[PDB]
**Student:** 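Following up with a structure containing venetoclax.
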Amino acid sequence: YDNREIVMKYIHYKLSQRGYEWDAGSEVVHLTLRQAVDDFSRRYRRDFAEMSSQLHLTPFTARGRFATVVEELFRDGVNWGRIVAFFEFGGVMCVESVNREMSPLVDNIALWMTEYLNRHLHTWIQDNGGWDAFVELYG
Ligand SMILES: CC1(C)CCC(CN2CCN(c3ccc(C(=O)NS(=O)(=O)c4ccc(NCC5CCOCC5)c([N+](=O)[O-])c4)c(Oc4cnc5[nH]ccc5c4)c3)CC2)=C(c2ccc(Cl)cc2)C1
Ligand SMILES: [Cl-]
C-alpha cells in the first residue's frame, strides 16, 4: 500500500465532490476509505461544518493550524476512527483552501498528510494489520 496514493486519491475525491478538479490528484482501500470518511462526515456533520468556520485559514497560519488540530486529534493515541477523522480534517482544509482562493495550499496539505502518515502513524498502522485490517474491519 502507498500512503501518498491514498492521500492523493482521497483529496481528488473530496475536491471533485465539491465541484473542483484538483490538478495534482489496491482499489478496495480507496473505496473503503472514501465510504468510511463519508460515514464519518454524515455522523459528525456539525463538527465538520463548525471546523471549517473556525479555521481562520491564511497561507501564513495554514501549517500551524493543520499541525495543532492533528496533534490534538491523536493526543490520546491512535485508532482507525481518528485516522478517518484525520483524513476528513485534511479534506476540510483542502476544500476551505479552494473556497478562500488559496488552492496552492491543497498541494502543501497533501504533503503534510503524507508526511504524518509516513513518519508518525506508519508504525501503528503496520502493527495493527495495515490497511488490510482497515478494509477487513470496515469494507
Ligand atoms: C480538535 C479536534 C481533534 C477534536 C475532536 C474532533 C472531532 N472528533 C474526532 C474524533 N472522532 C471519533 C474518533 C473515533 C471514533 C471511533 O469510534 N473509532 S473506531 O472505533 O476506531 C471506528 C469505529 C467505526 C468505524 N467505521 C464505521 C463503519 C460503519 C459502516 O460503514 C463504514 C464505516 C471506524 N473506521 O475506521 O471506519 C473506526 C469515532 O466514531 C466514529 C463513528 N463512525 C465512524 N465512521 C467512520 C469513522 C467513524 C468514527 C469518532 C470524534 C469527533 C475534531 C475534528 C473536527 C472536524 C473534523 Cl473534519 C475532524 C476532526 C477536532
Ligand atoms: Cl513523507
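In this chain, residues are counted from 1 in sequence order. As the structure lists them, so they are numbered: ligands from 1, and atoms in each ligand from 1.
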**Student:** Which parts of this structure should be attributed to venetoclax?
**Tutor:**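 The relevant parts are ligand 1.
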**Student:** Identify the macromolecule bound to venetoclax in this structure with the most contacts, using its name in UniProt.
**Tutor:**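 Most heavy-atom pairs belong to Apoptosis regulator Bcl-2.
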**Student:** Which residue and non-hydrogen atom of the protein lie closest to atom 26 (N) of venetoclax, and at what distance in Å?
**Tutor:**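 Of every protein heavy atom, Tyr138 CD2, 3.6 Å lies nearest to atom 26 (N) of venetoclax.
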**Student:** Below 4.0 angstrom from a heavy atom of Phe89, which venetoclax atoms are there? Numbered from 1 as shown, please.
**Tutor:**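 Those atoms are 58 (Cl), 59 (C).
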**Student:** Which venetoclax atoms are under 4.0 Å away from a heavy-atom of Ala85?
**Tutor:**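 In order of numbering, the contacting atoms are 9 (C), 59 (C).
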**Student:** For venetoclax, is any non-hydrogen atom under 4.0 Å from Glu88's backbone (N, CA, C, O), its side chain (CB onward), both, or neither?
**Tutor:**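 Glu88 to venetoclax: contacts from backbone and side chain alike.
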**Student:** Counting only non-hydrogen atoms of the protein, does one fall under 4.0 Å from atom 55 (C) of venetoclax?
**Tutor:**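 Within 4.0 Å of atom 55 (C) of venetoclax, protein heavy atoms are found.
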**Student:** Enumerate the atoms of venetoclax whose separation from the nearest heavy atom of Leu73 is less than 4.0 angstrom.
**Tutor:**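 Those of venetoclax that fall under 4.0 Å from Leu73 are 3 (C), 9 (C), 10 (C).
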**Student:** Return yes when at least one protein heavy atom is under 4.0 Å from atom 30 (C) of venetoclax, and no when none is.
**Tutor:**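 No, there is no protein heavy atom closer to it than 4.0 Å.
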**Student:** Working on a figure here: which residues of other chains come under 4.0 Å of venetoclax (heavy-atom distance)?
**Tutor:**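 The heavy-atom binding site is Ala36, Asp39, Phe40, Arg43, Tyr44, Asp47, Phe48, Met51, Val69, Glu72, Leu73, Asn79, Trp80, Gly81, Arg82, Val84, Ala85, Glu88, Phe89, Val92, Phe134, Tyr138.
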